[PDB]
Every structure is written in C-alpha cells, then in structure tokens.
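Cytochrome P450 11B2, mitochondrial in complex with deoxycorticosterone.
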Amino acid sequence: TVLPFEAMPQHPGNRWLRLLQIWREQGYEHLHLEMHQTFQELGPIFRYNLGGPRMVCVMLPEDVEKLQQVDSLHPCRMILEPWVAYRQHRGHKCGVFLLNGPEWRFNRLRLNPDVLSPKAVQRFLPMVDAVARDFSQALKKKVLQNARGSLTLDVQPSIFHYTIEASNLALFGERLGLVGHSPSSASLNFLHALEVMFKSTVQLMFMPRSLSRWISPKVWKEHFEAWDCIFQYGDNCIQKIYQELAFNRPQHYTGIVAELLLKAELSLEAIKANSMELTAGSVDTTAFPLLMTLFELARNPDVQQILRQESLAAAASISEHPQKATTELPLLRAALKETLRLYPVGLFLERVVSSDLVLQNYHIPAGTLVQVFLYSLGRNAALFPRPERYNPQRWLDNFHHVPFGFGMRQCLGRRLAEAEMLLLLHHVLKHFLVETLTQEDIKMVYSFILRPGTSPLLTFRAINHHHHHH
Amino acid sequence: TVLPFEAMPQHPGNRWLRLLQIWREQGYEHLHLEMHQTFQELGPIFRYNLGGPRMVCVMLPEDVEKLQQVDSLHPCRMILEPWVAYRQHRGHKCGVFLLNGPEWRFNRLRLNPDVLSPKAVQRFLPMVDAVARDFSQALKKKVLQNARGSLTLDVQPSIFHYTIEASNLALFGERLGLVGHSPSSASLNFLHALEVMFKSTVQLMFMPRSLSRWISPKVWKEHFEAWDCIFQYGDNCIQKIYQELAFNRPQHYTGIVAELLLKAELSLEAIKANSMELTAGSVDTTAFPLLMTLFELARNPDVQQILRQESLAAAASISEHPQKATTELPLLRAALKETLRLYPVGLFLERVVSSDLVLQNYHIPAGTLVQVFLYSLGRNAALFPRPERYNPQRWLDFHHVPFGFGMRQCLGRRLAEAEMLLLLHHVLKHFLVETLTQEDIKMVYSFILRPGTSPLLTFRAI
Ligand code: HEM
Ligand code: HEM
Ligand SMILES: C[C@]12CC[C@H]3[C@@H](CCC4=CC(=O)CC[C@@]43C)[C@@H]1CC[C@@H]2C(=O)CO
Ligand SMILES: C[C@]12CC[C@H]3[C@@H](CCC4=CC(=O)CC[C@@]43C)[C@@H]1CC[C@@H]2C(=O)CO
C-alpha cells in the first residue's frame with residue numbers, strides 16, 4: 001500500500017547540466033524559483049537524480065514533523081565540504097554547524113545553556129536593547145537635521161552595522177562603535193569577506209572536491225582568502241577576551257563567549273571554533289530578515305500602524321525592563337514569522353536520514369538526503385490562505401513556523417537573532433513612520449543565504465520631532 | 001536468441017568527465033590505449049553512454065563485414081561539427097568527407113574516376129615517381145659527403161615535405177621545389193596550421209557546440225584560424241591552375257584537379273571544396289605511416305633485406321615504366337598493410353547505421369553510431385598470430401580495412417599508396433636504414449593517430 005521510492009516523480013535535471021551552469025554563471029541565484037516551479041509542476045514531493053545517493057525534496061509541515069521523529073540522538077547533515085576543507089587546511093576544530101556525531105552533541109550540550117536558553121537571553125537582551133536604542137537615536141538625530149523631519153536612505157549598511165554591533169556586544173561584551181558612526185575599515189572588510197565566502201560556497205558546493213580542485217582552482221583560492229579574513233576578524237575578538245579573562249573573572253555578566261571561557265567545559269580550540277561560527281553567523285542571517293521586515297512594513301502601512309500601536313502601548317514596560325519585549329510584543333514577534341515565511345534566510349532544512357521512513361506515502365530509505373524547501377512551504381496557499389499577503393495576525397488565529405529548523409539541531413542563535421530583530425523594530429516603530437514608493441516585490445537571490453537582490457529606498461519620518469521622546 | 005541493445009556491456013566512464021578531462025588536458029592523446037583496454041576488459045563489443053543516443057564500439061572483421069552489408073546507397077558518418085562550422089562561417093561548400101546523402105554521392109561519383117581509379121593511377125604515378133627519385137638522390141648527395149658514407153638524422157621534416165611535394169604535383173601539376181631544398185615559409189605555415197587544426201579538432205568534437213561555444217571559445221578561434229591558413233594555401237593552388245586552364249587546355253595529363261576542371265561535371269564551388277579536402281588530406285595522413293614504415297624496417301633488418309632484394313630486382317622495369325611499381329613490388333605493398341595494421345592513421349571507422357542489424361548477437365537499432373576501432377582490431381593476437389611482429393608476409397594470400405570500406409572507402413588510397421610505395425622503393429635501392437632506438441614508439445591521438453616521438457635514423461649508402 002506504501003509506494004516504492006522510484007514511484008516518486010523526478011526533477012528533470014542532470015546534476016551535470018546544473019554543475020556546468022554554475023561554472024558558467026558562477027552562482028545559482030534562481031535555485032529557489034527552480035524548486036518552487038518543480039513543486040508547482042510535480043506536486044509537494046519529488047526526487048533528484050544526484051551523483052548516486054537518493055535525494056528528496058519536500059514542502060509540507062507533515063514532512064518536517066515526520067522528519068523530526070526520525071532524528072536520532074545525533075541528527076546529521078550533508079558535509080559542507082568547502083567550509084570543512086578550510087578548517088582542516090588551517091588545523092582548526094569545527095564548531096557545531098560543521099560537526100556530526102558525538103563530537104557535535106558534546107559541543108551542542110555545552111553551548112545551549114549560554115547561547116540559546118532562556119536564562120542566557122535574560123542576561124544579553126539588555127545589552128542588545130542598548131544597541132537598538134542607540135540605532136534609533138542616531139537615526140533620529142540625522143532625521144531632525146532635515147527640514148521635513150525625515151531621512152530617505154538605503155538602510156542596508158546601517159542595519160548590517162547594527163547586527164555586527166549588537167552581536168559583538170552580546171558575544172564578547174564590547175562596543176565596536178559602529179552604530180551612529182561610520183563603518184570601520186575592519187567592519188567593511190569583514191562584510192565583504194562574508195559575501196565573497198557565501199558566493200564561493202555556492203560555486204564549490206554542488207560538485208565534489210575531486211572535480212572542483214582542477215575545474216575551479218581559483219574559486220578555492222577565493223574561498224580560503226575570504227575565510228582567512230573572517231577568521232582574522234574572529235581571532236582578533238577572541239584574543240582580546242581571552243587575555244582579559246586570564247587576569248580577571250568578572251562577577252557580573254559580560255556576554256556569551258565569556259560564560260563559555262569562564263566555565264571552561266569546552267577546550268580552548270573548541271571555544272575558538274564555536275565562537276567563529278557565532279561571529280560569522282550573526283551578521284547576514286539577521287540583517288536580511290530585518291531589511292525585509294522594514295520593506296514589508298513600508299508597503300503595508302496599515303499593518304505598520306497596528307504594530308506601532310502595540311509598541312507605543314508597551315514602551316513604558318520595556319523601558320523599565322527590556323526583557324519584557326519577548327512577551328509584550330506578540331504582534332511584532334508574529335511579523336517576524338511572517339517575514340521568514342516569505343523570505344527564509346535559510347532556503348532549505350536538510351537531513352541525511354539515518355533510518356527508513358515514509359513521507360507522502362513514499363518509502364524513504366536509510367541514507368537518503370531529505371531537503372525541505374521553506375520558500376515553497378511558506379507559499380502553500382492551502383496552509384497559508386493568501387500567501388502573498390503580509391499578515392502577522394495569521395499566527396495569532398503547529399510545524400508551520402520552522403525557519404530556524406527543528407529538534408536538537410535547531411538554530412543555536414535563534415534567540416539572539418530574534419532579540420536583535422525585535423528590539424531594533426520596536427524602537428524604530430516608536431519613533432518613525434517608514435515609507436516607500438517601491439511598492440513592488442523585491443526579487444530574492446540565493447547565494448547560500450537567501451537575500452534580496454535589491455535594497456529599496458526607505459523614508460524614516462519622525463512622528464514626534466524630538467531626539468529622545470517618541 | 002538476440003540479446004537486446006542494453007544487455008551489451010557498458011564503458012565505465014561518462015561524457016561529462018570526458019569533456020572536462022579534455023578541457024583540462026587540452027587533448028585526448030590516450031584515446032587509443034583507453035579503448036583498447038576497454039575491449040580487453042569488457043569484450044569485443046560495448047556501448048557508450050551518450051544519455052539517449054546509441055553508440056556501439058567494435059573491433060572484429062566479422063562485425064565490419066556486417067557493418068558494410070547494412071551500408072545504404074548513402075552511407076552516413078557523424079557530423080564533424082567543427083569542420084562543417086568553418087565551411088558555414090566562410091561561405092564554402094562541403095567536400096565529400098563532410099557530405100551525407102545524395103549530395104555526397106553526386107560528388108563522390110564524379111570524384112572516383114580521376115582521384116582513385118586505376119586509370120587515374122597510371123596517369124599520376126609517374127609524376128609521384130619523379131619526386132620520390134629526387135628525394136633519394138638529394139639524400140644520397142648529402143650521405144656521400146660524409147666519410148662513413150651515411151647520414152644520421154631525424155627524417156620527419158624531409159618526409160613531410162616529400163608528401164607535400166608529391167601530393168601537389170599529382171594534384172595540381174606543380175613542382176613546389178621542396179625536395180632536396182629548404183622548407184618554404186608557406187610549407188612550414190601549412191604544416192603548423194594542419195597540426196593546430198587537428199589538435200583543436202579533438203578539443204571540439206567531443207562536446208556540443210552549445211557547450212564548447214563558452215567552455216572553449218578560444219579553441220574555436222584557434223580552429224578557424226588554422227583553417228584560414230589551410231584554405232589560403234589551397235586557394236593559392238586553385239587560383240593558379242584555374243587561370244592556366246582558362247587560357248589553355250592541355251592535351252596531356254597535368255594532374256588530378258585539372259581533369260575535374262576540364263570535365264566541369266561538378267560546380268566550381270564543388271571542385272574547390274574537394275580540392276581542399278585532397279590538399280589538406282594528403283600531407284599528414286601519408287607522411288606518418290611512411291615514417292612508421294621507415295622505423296619498422298630499421299627495427300627488422302631481416303625484413304628490410306627481403307624488401308631491398310625485391311626492389312633491386314624490379315628497379316630496371318620500374319625505371320622503364322614506373323606504373324609497374326604497383327604490380328612488381330608485392331612485398332612492399334604488403335609492408336604498408338602491416339604498417340597500417342599496427343599504426344592506423346585513422347583510429348576508428350564510423351557509420352550511423354540506417355537499418356537495424358545484429359552484432360555479437362546483440363540487436364542494434366537503426367540510427368545507432370557504430371564505431372570500428374582499428375588499433376585493437378589489428379592487435380587481435382587471435383587473428384594476427386604474434387601481433388607485435390612486423391611481418392609483411394601475412395598479406396600475400398576484411399582484415400585490411402585501414403582505408404575503411406564500401407562506396408565511402410578512402411578516396412585518396414591509391415594516391416597515398418603510390419606516394420608511400422615509390423618513396424620506400426627509391427630509398428631501399430640506395431640505402432640501408434638503421435637505429436639504436438629499438439623500443440616501441442608511443443602513438444598519440446590528435447584526430448589522426450601519430451607517433452609521439454621521431455627516432456633518429458641512419459641511412460647508409462649501398
Ligand atoms: C533569522 C536569523 C537566522 C535564521 C533564519 C537561522 C536559521 C538556521 C537554520 C534553518 C538552521 C538549521 C537548523 C536545523 O538543521 O534544524 C540553523 C543552524 C544554526 N544557526 Fe542559525 N539562523 C539564524 C541566525 C543565527 C545566528 C545569529 C547564529 C549565531 C549566533 C546562528 C547560528 C547557528 C548555528 C551555530 C547553527 C547550527 C546548529 C547545530 O548544528 O547544532 N543562527 N540556523
Ligand atoms: C595512408 C593514408 C590514409 C589513410 C590510412 C586514410 C584513411 C581513410 C579512412 C579510414 C577513411 C574513412 C573511410 C570510410 O569511412 O570507409 C578515409 C576517407 C577519406 N580519405 Fe583517406 N586516408 C589516407 C590518405 C588519404 C589521402 C592522401 C587523401 C586525399 C588525397 C585521403 C582522402 C580521403 C577522403 C576525401 C575521404 C572521405 C571519403 C568519403 O567519405 O567518401 N585519404 N581515409
Ligand atoms: C542558515 C544556514 C545554516 C546556519 C549558518 C548559515 C550561514 C551563517 C552561518 C555561519 C556559521 O558559521 C554557523 C552557521 C550559520 C548561522 C546558513 C545559511 C544557510 C543554512 C541553512 O539554511 C541550513 O538549513
Ligand atoms: C582518416 C580520417 C578521415 C579522412 C580525413 C582524415 C584527416 C585528414 C583529412 C582531411 C580532409 O580534408 C579529407 C579527409 C581526411 C584525409 C581523417 C583522420 C581520421 C579519420 C578517420 O579515421 C576516418 O574513420
């Protein structure tokens with residue numbers, strides 16, 4: 001009664017034809033649209049002619065729920081070779097994202113309490129909030145210098161500097177001075193290295209190393225250089241804290257990586273490695289969903305008014321105890337789910353499943369690469385009535401919200417990312433109206449992360465006309 | 001009783017690794033060895049994965065005999081895309097090698113009588129004989145100036161110029177003056193261009209234009225430039241003969257191309273296209289086996305004597321009538337067959353078959369590309385006892401298919417054999433040929449199969 005694997009419809013692509021297109025185009029910007037169309041054509045599940053091993057593409061919660069059941073003690077993902085290649089080339093340990101098996105669980109169990117748990121959030125949220133305030137304040141100052149009490153900009157650079165600053169405070173306990181000031185040359189280089197790293201990832205990611213070694217030798221060279229610059233940026237941060245904590249163990253909280261070095265449950269190389277993942281990880285992944293949310297508010301001003309109404313009503317509580325924003329801004333929290341439904345930074349969830357199972361009435365063998373395309377998932381009209389509509393209310397009225405993945409491998413940085421996102425939006429909403437003429441869809445572009453190919457011109461208009469009061 | 005097509009064993013590799021390998025290596029020099037060890041391993045027949053299109057590889061006479069029986073009235077080979085693309089880019093017509101169908105046959109039928117018929121041969125062979133006599137006489141003059149009455153050299157340059165000179169006289173009635181003299185800048189440019197054309201052909205024939213068009217745009221530019229140089233050489237030859245004939249029609253034989261022009265059974269554009277195939281196709285194809293024959297004679301001094309004695313015996317009659325060379329040197333003719341068994345200039349015959357057939361008890365559907373690999377065919381120790389032995393005698397008695405078969409068999413075969421034969425004849429009469437370099441020469445595939453090195457040969461005057 002259950003259909004066999006080969007009964008499953010097939011993506012009509014040769015791994016080779018896409019291999020060669022990636023070599024030619026130096027990327028794969030339209031992946032999300034290719035998969036989306038393929039589900040449009042073949043229905044909610046299909047397989048892909050991969051270089052041997054089975055691979056299946058799904059888009060329904062049902063399938064995620066099932067997929068979580070099959071998570072062993074050690075859930076597993078496809079090795080990301082270019083990234084792992086770098087660590088081995090320079091002698092570095094791999095952090096959680098690149099670890100599988102017991103080394104992974106061991107790390108993860110020693111990182112959850114200080115990065116993801118609610119006790120941790122209670123401690124870093126006020127640090128984030130200070131940065132969120134300083135962003136708004138800086139922007140309001142520029143706004144009130146203008147005769148019309150507004151500023152019209154590409155907000156992207158300043159949002160990226162916001163996430164570098166908020167993350168570095170939460171992770172290392174240091175203010176970099178990047179909010180309300182110009183980018184440092186270190187921050188610009190870091191941003192560029194991340195972008196080159198991500199792009200070159202897409203180029204090396206869809207072929208085996210044996211082939212790419214001689215087909216794309218200078219893409220490897222590019223990718224390692226990018227990593228080298230990312231690693232220098234992170235090692236600078238680690239050296240400063242490590243020397244500081246060698247001489248004085250503070251009595252109070254000074255961030256997430258301090259908790260890890262004080263406890264010293266993980267080894268130094270293991271802390272270094274996980275700290276690089278948190279530093280590299282905390283910039284683009286949070287920045288683009290913020291930009292997208294600003295964009296959707298800008299062109300859904302009625303939804304914007306509702307969210308402001310809420311944020312104005314909680315201003316007093318959140319001024320007094322910043323932690324209360326997590327519970328007192330449910331509609332804004334819901335807006336974020338809405339942004340990640342439409343614009344999922346992580347395009348697909350992925351497991352190399354360790355046991356036979358059944359998705360969609362098809363038999364899925366042990367060792368099958370299963371991928372969950374969140375882009376299509378979020379646009380299923382039967383589960384998301386009017387999926388084109390940006391409607392945060394839809395979450396107030398289970399496995400529908402899974403942009404951070406699921407289970408024990410669920411995003412380690414979820415609560416930091418949410419904190420950063422929510423608090424910046426909260427303070428912006430209290431002080432500014434946000435507007436655009438660009439009322440039409442921003443094309444998303446896939447380059448390991450899913451990101452806008454365009455930044456809209458947004459206008460921030462002071463409601464009040466006072467630098468502090470909202 | 002008939003195994004269906006997919007029963008048949010399968011080459012391990014895939015066409016994408018292949019083309020990437022070629023993009024990286026800038027060639028495919030081992031194609032012969034690879035296919036050979038594939039035959040050992042998988043048997044006397046296998047299919048290659050073209051991902052839909054059907055391709056079979058074979059190595060047995062048995063299989064060639066039935067490949068011919070399924071020759072139509074219009075036997076088809078695969079579109080050699082790089083070569084046809086040059087013709088299109090410059091506005092030229094295709095000659096017989098690149099034609100299929102009724103147009104192929106219309107050209108071919110008007111080409112055989114003057115290019116390949118025994119009557120054609122008797123007219124051009126004495127010309128070829130004059131050039132081959134100049135070769136040995138030039139060499140004898142140099143050889144005798146040395147105190148040990150011998151010259152040791154790499155002969156490849158001079159032999160290539162011989163074939164240029166011999167083909168040109170036979171084809172156009174012109175002596176270029178390249179035998180017993182220096183290469184000219186035209187001849188060296190010609191040889192260089194031919195070498196780049198062949199190399200670049202290998203770089204393009206193994207992928208669709210739609211991939212090579214951006215995988216290898218520089219290789220396309222290289223290819224067409226080589227062709228330009230080749231067409232310029234050939235066009236100079238054509239413009240000359242064309243002008244001479246417009247002013248005076250000979251009453252005597254002045255070569256192959258003249259007969260085509262005088263008869264005007266084919267169009268001007270058609271004569272030109274075929275004249276370029278002949279001109280471009282009569283240098284490297286003939287020169288390499290000639291070298292390999294020189295080399296194998298040097299290795300096997302016992303077989304060289306037998307051939308010498310034959311040529312000394314027939315010298316007088318051949319000087320009287322050079323046309324008797326065909327009939328009076330049966331051992332030297334056999335020699336050539338033996339050179340071509342071991343060192344086939346063209347590595348595979350090819351037919352895109354037009355009816356269904358069966359080979360090795362497999363069903364082979366219409367539209368399949370059947371390739372016969374002559375390098376392996378010739379080394380079947382089961383069919384040529386002591387396969388590495390250079391033995392002309394085994395040909396005195398469908399094993400001899402290095403010029404292919406059917407209506408499509410090599411159009412230049414008699415001109416090629418005549419050039420090879422006469423040169424060896426005049427050399428054997430006057431010199432012993434020797435080397436210390438006894439080891440097998442590695443062959444290399446760049447569209448023509450050819451020696452990768454050139455052994456140093458000593459010519460000692462008798
Ligand atoms: C909105 C922003 C973010 C999104 C949408 C996101 C999404 C994801 C997703 C889908 C996964 C895979 C989960 C799974 O396989 O179940 C993941 C893993 C991970 N994320 Fe995030 N993430 C974000 C922000 C961050 C930040 C800021 C950090 C660093 C502080 C971070 C660190 C990580 C790490 C270390 C993992 C690996 C988890 C493991 O293997 O144990 N993420 N994230
Ligand atoms: C010993 C030297 C040569 C060898 C081994 C050789 C071999 C071949 C082979 C194997 C073919 C394919 C035949 C088939 O598919 O049945 C061929 C075709 C052809 N050869 Fe040669 N060839 C040689 C010399 C020449 C020369 C000197 C010329 C021109 C002067 C020439 C002109 C051609 C032409 C025009 C074709 C195409 C015939 C057609 O498709 O109708 N060949 N040759
Ligand atoms: C989100 C993501 C997994 C988590 C990473 C993120 C890119 C930034 C990043 C860098 C790290 O060193 C740690 C993991 C991480 C935060 C990836 C981009 C796409 C990928 C996925 O979507 C897998 O589901
Ligand atoms: C011999 C050959 C077919 C005939 C051509 C030859 C290469 C040189 C050449 C150029 C021409 O303009 C006419 C045909 C020809 C003489 C080819 C090299 C390999 C190929 C084959 O192996 C046929 O199967």
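Residue numbers start from 1 in every chain, and the chains themselves are labelled A, B, ... in the order their sequence lines are given, proteins ahead of strands. Only a slice of the deposited entry appears, and the contacts counted are all within that slice. The figures that follow rest on heavy atoms only: side chains count, while hydrogens, waters and symmetry mates do not. As the structure lists them, so they are numbered: ligands from 1, and atoms in each ligand from 1.
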Q: Report the positions of deoxycorticosterone in this structure by ligand number or chain letter.
A: ligands 3 and 4
Q. In this structure, which other chains have a heavy atom at a distance under 4.0 Å from deoxycorticosterone (ligand 3)?
A. A
Q: Only heavy atoms count here, so choose which of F97(A), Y446(A), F448(A) is nearest to atom 3 (C) of deoxycorticosterone (ligand 3).
A: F97(A)
Q: Report the part of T285(A) in contact with deoxycorticosterone (ligand 3), treating N, CA, C, O as backbone and CB onward as side chain, heavy atoms under 4.0 Å; options are side chain, backbone, both, neither.
A: side chain
(Q) Among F404(A), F198(A), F348(A), which one puts a heavy atom closest to atom 24 (O) of deoxycorticosterone (ligand 3)? (A) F348(A)
Q: Measure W83(A) to deoxycorticosterone (ligand 3) on non-hydrogen atoms and call it side chain, backbone, both or neither using the 4.0 Å cut-off.
A: side chain
Q: Check if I449(A) has a non-hydrogen atom at a distance under 4.0 Å from any atom of deoxycorticosterone (ligand 3).
A: yes
Q) What is the nearest protein non-hydrogen atom to atom 22 (O) of deoxycorticosterone (ligand 3), stated with its residue, atom name and distance? A) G346(A) CA, 3.0 Å
Q. What residue and heavy atom of the protein are closest to atom 9 (C) of deoxycorticosterone (ligand 3), and at what distance?
A. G281(A) CA, 3.7 Å
**Q.** Any protein heavy atom nearer than 4.0 Å to atom 5 (C) of deoxycorticosterone (ligand 3)
**A.** no
